[PDB]
Each structure stands twice: as structure tokens, then as C-alpha cells.
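Lab note: Deoxycytidine kinase, gemcitabine bound.
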Amino acid sequence: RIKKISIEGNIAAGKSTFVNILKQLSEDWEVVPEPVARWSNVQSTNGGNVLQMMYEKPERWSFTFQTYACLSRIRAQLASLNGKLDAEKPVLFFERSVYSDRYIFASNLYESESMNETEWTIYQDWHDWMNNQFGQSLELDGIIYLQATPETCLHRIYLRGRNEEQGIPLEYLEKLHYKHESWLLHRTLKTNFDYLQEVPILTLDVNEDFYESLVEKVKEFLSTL
Amino acid sequence: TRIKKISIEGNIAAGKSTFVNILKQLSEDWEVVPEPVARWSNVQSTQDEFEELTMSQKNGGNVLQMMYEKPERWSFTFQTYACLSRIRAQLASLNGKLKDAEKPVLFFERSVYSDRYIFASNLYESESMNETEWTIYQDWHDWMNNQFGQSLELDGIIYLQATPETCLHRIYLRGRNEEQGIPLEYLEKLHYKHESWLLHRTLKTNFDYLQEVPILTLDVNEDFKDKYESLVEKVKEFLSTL
Ligand SMILES: Nc1ncnc2c1ncn2[C@@H]1O[C@H](COP(=O)(O)OP(=O)(O)O)[C@@H](O)[C@H]1O
Ligand SMILES: Nc1ncnc2c1ncn2[C@@H]1O[C@H](COP(=O)(O)OP(=O)(O)O)[C@@H](O)[C@H]1O
Ligand SMILES: Nc1ccn([C@@H]2O[C@H](CO)[C@@H](O)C2(F)F)c(=O)n1
Ligand SMILES: Nc1ccn([C@@H]2O[C@H](CO)[C@@H](O)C2(F)F)c(=O)n1
């Protein structure tokens, strides 16, 4: 009965910032952050930084990173469903989804030859299975797309200052942007999860310096779900 | 499940497939879940329902061969897929087989425990997986078992014990191309892990119940006809104790 809403958008578009603001509007609203800390310090529960490994050597580490990213996200999202919210109208906001993991990030890595055909096939097979098992419980009721230009995202990468991200080129951001636009705006990106074609999407332009009006728009989008 | 789950464990080419697939014919209540080795030598994922009507399901890469060719590069990828594909196969067979059975027994060719505590652990110990890869692997394995371990918990283990030299010979007999370069020393390492886990029982796992699970050890060094009778008798007696 918990409504599940994914917040999507490019690197440093402002998803964590936005969701952390939204969280405060209701005791009925909780958030599942992307497990970036678990990626920056790998631990089985200081370790290696697999996000860094992927950025420094993507042909070596893209598959390993992408698999772990998605595993860690599934674990976090399932844990939050099982234990959060007891709430009048519970809403869980996910920072990104298993779908952007596969159809945006992992897909772009395969397209750029950072994963080979075997790696991509294994990834998709693992993902298909993981979702046949957990798909239902994690299925989205809606998507919020925070749309920012690649140039805005590059600037915010610098503002945030995560060391591993400082070397990301504009072109890499452009590719991620076109994928987001294809999925969420043009709706030309085909997934093997049929229900997604029906999930409503609220697109919010976040290119400007921070916002109140965007927040209000969410509160009301949720009343339609 | 009322289905008893029994894992058959043993080194490469010890004779687990050969033995269990003959043994299972002794009762309509007995079935086997094979190890998904074919899925590893021909990597494939599911086709779209419309695409498959006009496009063949093509041969994929061989991740088993990739692991043997360059273990420091491919061990993590291989081990992760091996265990995922195993859990999928074992869970589907638990959910779908042996409905009509009086005393159902499902035999698993190897287990998620040997994947982690024998194979993947040996790869880590040999520096074919680094610290990050090993941490990720164990993290994922722990999580998968918190979710699925209960359905897959074993009622017993049958350890097929063969010397590394016997296994090396049987690898040649079987003729799997990607196994043909395996050195005796690799087989000996796997042998010692099996012995520590299943014979001496000193190997510590993250899974409490395993220290207690009944184990039957069978010497499979002889030619098949020479001991089969004695093995079958030992198995039936063992099953009656669970
Ligand atoms: N609308 C905005 N205007 C100015 N700065 C923003 C805005 N949104 C986010 N930021 C800043 O940009 C950086 C990235 O935002 P963050 O929420 O971490 O992005 P994401 O979660 O999408 O990766 C942070 O330093 C944040 O303070
Ligand atoms: N007891 C035995 N005596 C002679 N050959 C055996 C015996 N057990 C197995 N083999 C042969 O050894 C090879 C490996 O057997 P297999 O069952 O595929 O091993 P595993 O499943 O343990 O990897 C095969 O060629 C098989 O015919
Ligand atoms: N599946 C995913 C998910 C996220 N990321 C990357 O993780 C960092 C934090 O959002 C960002 O650097 C990132 F978004 F790029 C990724 O590469 N692949
Ligand atoms: N977790 C596992 C499981 C098995 N294997 C390998 O798969 C082949 C078939 O048993 C054998 O070549 C093998 F047993 F070695 C592996 O390397 N790691």
C-alpha cells in the first residue's frame, strides 16, 4: 500500500537535494537514498572505492560496479518497504530505480564498450531474475524527472566536489541526458517491464539556481496517484 | 517444503553428475537439480516475446572459459553469475517438482555454500579476486541467503571424495575443452577446501546450521561398477536418518 515514486535525472541534477526537501513535508513521506556511501567504501555488512574504480578503469570495473550498484539499491529499497511508514498515506521516494540502473547507466556502458557482450548479457540475465523475484514489491506508482542540461550537471558536479567525478567529460553527461530524455520525455526507450509504459511522469525543470513551486507540484502530482 | 534437500559435493569431475543421475532413478520421489554449467559455457538472457518469433536465440560467450583463461579478470564475474544461476535453478525446482511424492528428496549438484566457501574463496586466496571483489561477493551472497537461504537450507550433504589425481584423470575423460589446462595444484587446493569443510569440519561459514547438518562421505576413486552397490546402500541408510 506504500506509494513508490522514483526521482530520476542526470548526475548532479539535484535529486538528493530535492528528495531531502520533500521528505520534510510529511511524516508519511520517507526516502531511500542511492547507497553511494556503500560504493565509496566497500564493506560487507575502510574498503575500496568501486565508484572510483569504475571511473578510472571503466572497461575493467563497469560490470562489477553496475552489479553492485543495483544489488545495493534493491537491498535498500526492500529494507525501507519492510520497516518504514503505520502511516496514513505512506509515500516512499527512491533516488533512482533499478530501471535507470539498467536502461540508462549499464546500457550506456555497454554502448560505449565499457562492458562487452558477455558482461552485458550476464548483467541483463541477473537483472531479469532479480526483478522477477522482487519486481512486484518494488513497482513504481510514478516517476519524477528532474531535468537539467548536461552543462548544469557538469557545473553541479564541480560544486559538490566528489573527487571520483571531477574528471567526467561533458560528452559523457550528454549521453546520459539523451538516454533520460528518450526514457522519460520522448518515451521511445523500450524496457522489458511492460507496466512502466503506464506509469505517469512528472517532469520538473531544475536548471535554475534554487524551487518552492516545484515542491508544490509534487505534493499535487501525488494526489493523482 | 516437505521436500528434503540434499547437496552432492565434490571436486571437479569427481563424478557427481554421473552418480546422482543414476541414483535418482531408484525412486520416483527422487529428483536432481543439475549445476547450470551449460548456462555458463553459452551465456544467454531471455528474448522479448515478439523478438523471439523472428530472431533465433544465439550462442553467447563462454564465461567458464573466460575465467579459466584469465582468472584475475573474470573470476568475480564468473562466480557471481554461477551462484545467481544456481539459486534460480534450485528455487524453481523446489517450487515446481515432486508434488505427487510420498517422501520427496531433491538432490542439488553442489550448493551456494560450495560456490562461496570452496570456489570463490579459493579464487580470493589465489589473488584471482581482489579485496573489493571478495567483499562485494560475500556482501551479495549474504544478502541472497537472507532472502532465499531458508527455502534452500540443506537437510544433508553427500560428499563424493576423489583424489586430485582421480579428478584430473576424469577431467580428461570428460573432455570439456575449457577444463583441459587445469593443473593438479589447482585441483589439490579445491580438494583441501572440501576436506576442511566436509571431512575435518574445521571450515567456518556464516551459516550456523551447517556446523550440524549431517554429512555422508563416499569414496568414489574406484571404477563406477566396483563400489556402486556399497554407495547406494550407504545413501539409503543415510536418508533414513534425516
Ligand atoms: N537547483 C539547484 N541550484 C543550485 N545548486 C543545486 C541545485 N540543486 C542541487 N544543487 C547543488 O548541486 C550539487 C548536486 O546536487 P545533488 O542533490 O547532490 O545531486 P544528485 O543527487 O542529483 O546527484 C550539490 O552540491 C547541490 O548543493
Ligand atoms: N566412478 C567412476 N568411474 C569411471 N568414470 C567415472 C566415474 N565417475 C565419473 N566418471 C567419468 O568421469 C567424468 C566426470 O564425471 P562427472 O559426473 O561429469 O563429474 P562431476 O559432475 O563431478 O564434474 C565423466 O567422463 C564420467 O564418465
Ligand atoms: N547505476 C548507476 C547509478 C549511479 N551511478 C553513478 O553513481 C554516482 C552517484 O549518483 C554518480 O556518479 C552516477 F550516477 F554516475 C552509476 O554510474 N550507475
Ligand atoms: N562456483 C563454481 C562452480 C563450479 N565451478 C566450475 O564449473 C565447472 C562445472 O562444475 C567446473 O569447471 C568447476 F567446478 F570448476 C567453478 O569454477 N565455480
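Read the sequence lines top to bottom; their chains are A, B, and onward. Chain A is numbered as in the PDB entry, which gives 20-64, 77-116, 118-242, 246-260 for the residues shown. The numbers used for chain B are those of the PDB entry, and the residues that appear cover 19-260, in sequence. In listed order, ligands and their atoms are each counted from 1. What's counted below: heavy atoms across the whole structure, side chains too, no hydrogens, waters or symmetry copies.
- One finds gemcitabine in this model at ligands 3 and 4.
- Heavy-atom contacts below 4.0 Å between gemcitabine (ligand 4) and other chains occur for B.
- Heavy-atom distances between B:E196 and gemcitabine (ligand 4) stay at or above 4.0 Å for every pair.
- The closest protein non-hydrogen atom to atom 7 (O) of gemcitabine (ligand 4) is B:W58 CZ3, 3.4 Å.
- Under 4.0 Å from gemcitabine (ligand 4), there are no other ligands or ions.
- Close contacts of gemcitabine (ligand 4) with B:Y86, meaning ligand atoms under 4.0 Å from a residue heavy atom, involve 11 (C), 12 (O), 13 (C), 15 (F).
- At least one heavy atom of B:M85 lies less than 4.0 angstrom from gemcitabine (ligand 4).
- Those atoms of gemcitabine (ligand 4) with a heavy atom of B:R194 less than 4.0 angstrom away are 9 (C).
- Per UniProt's substrate-binding annotation of chain B, a non-hydrogen atom lies under 4.0 Å from gemcitabine (ligand 4) in B:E53, B:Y86, B:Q97, B:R128, B:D133, B:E197.
- Both the backbone and the side chain of B:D133 come within contact range of gemcitabine (ligand 4), each with a heavy atom under 4.0 Å.
- Proximity annotation for atom 4 (C) of gemcitabine (ligand 4): of B:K34, B:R192, B:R128, B:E127, B:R128 comes nearest, heavy atoms only.
- Result for chain B and gemcitabine (ligand 4): the nearest UniProt active-site residue and heavy-atom distance (1 Å) are B:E127, 7 Å.
- As recorded in the PDB, the organism behind chain B is Homo sapiens.
- Considering backbone and side-chain N/O atoms, B:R104 never comes within less than 3.5 Å of an N/O atom of gemcitabine (ligand 4).
- Of the residues that UniProt lists as binding ATP in chain B, those with a heavy atom under 4.0 Å from gemcitabine (ligand 4) are the following: B:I30.
- Looking at atom 9 (C) of gemcitabine (ligand 4), its nearest protein heavy atom turns out to be B:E53 OE1, 3.3 Å.
- Closest to atom 11 (C) of gemcitabine (ligand 4) among all protein heavy atoms lies B:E197 OE2, 3.2 Å.
- The site surrounding gemcitabine (ligand 4), defined by heavy atoms under 4.0 Å, contains B:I30, B:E53, B:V55, B:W58, B:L82, B:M85, B:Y86, B:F96, B:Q97, B:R128, B:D133, B:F137, B:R194, B:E197.
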